[PDB]
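A structure with actinomycin D.
The sequence lines fix the lettering, A, B, ..., with proteins before strands; numbering per chain opens at 1. Parent or X for modified residues; extra atoms not counted. What you see below is based on every heavy atom in this structure, not just the backbone, and it leaves out hydrogens, waters and symmetry mates.
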Amino acid sequence: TXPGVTXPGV
Amino acid sequence: XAXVXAXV
DNA sequence: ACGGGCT
DNA sequence: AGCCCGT
Ligand SMILES: *C(=O)c1cnc2ccccc2n1
Ligand SMILES: *C(=O)c1cnc2ccccc2n1
Ligand SMILES: [Cl-]
Ligand SMILES: [Cl-]
Ligand SMILES: [K+]
Ligand SMILES: [Zn+2]
Ligand SMILES: [Zn+2]
Ligand SMILES: [Zn+2]
Ligand SMILES: [Zn+2]
Ligand SMILES: [Zn+2]
């Protein structure tokens, strides 16, 4: 996720 | 065919 | 027939 | 530690 907590996705 | 991790 | 991307 | 797709 994010970053943080990429995306999703990417 | 999506690329959201692979992109085929 | 397919695995990616930083805070 | 943190998710999830379409031709
Ligand atoms: C892309 O649209 C798509 C849909 N289904 C798949 C299944 C398996 C591999 C790649 C795929 N790509
Ligand atoms: C891409 O690396 C990747 C991996 N697993 C998945 C599961 C479900 C939807 C999309 C995905 N993409
Ligand atoms: Cl999978
Ligand atoms: Cl903990
Ligand atoms: K924990
Ligand atoms: Zn897979
Ligand atoms: Zn991976
Ligand atoms: Zn880690
Ligand atoms: Zn899963
Ligand atoms: Zn599908």
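- Counting every copy, the structure places actinomycin D at chain A.
- Other chains in heavy-atom range of actinomycin D (under 4.5 Å): B, C, D.
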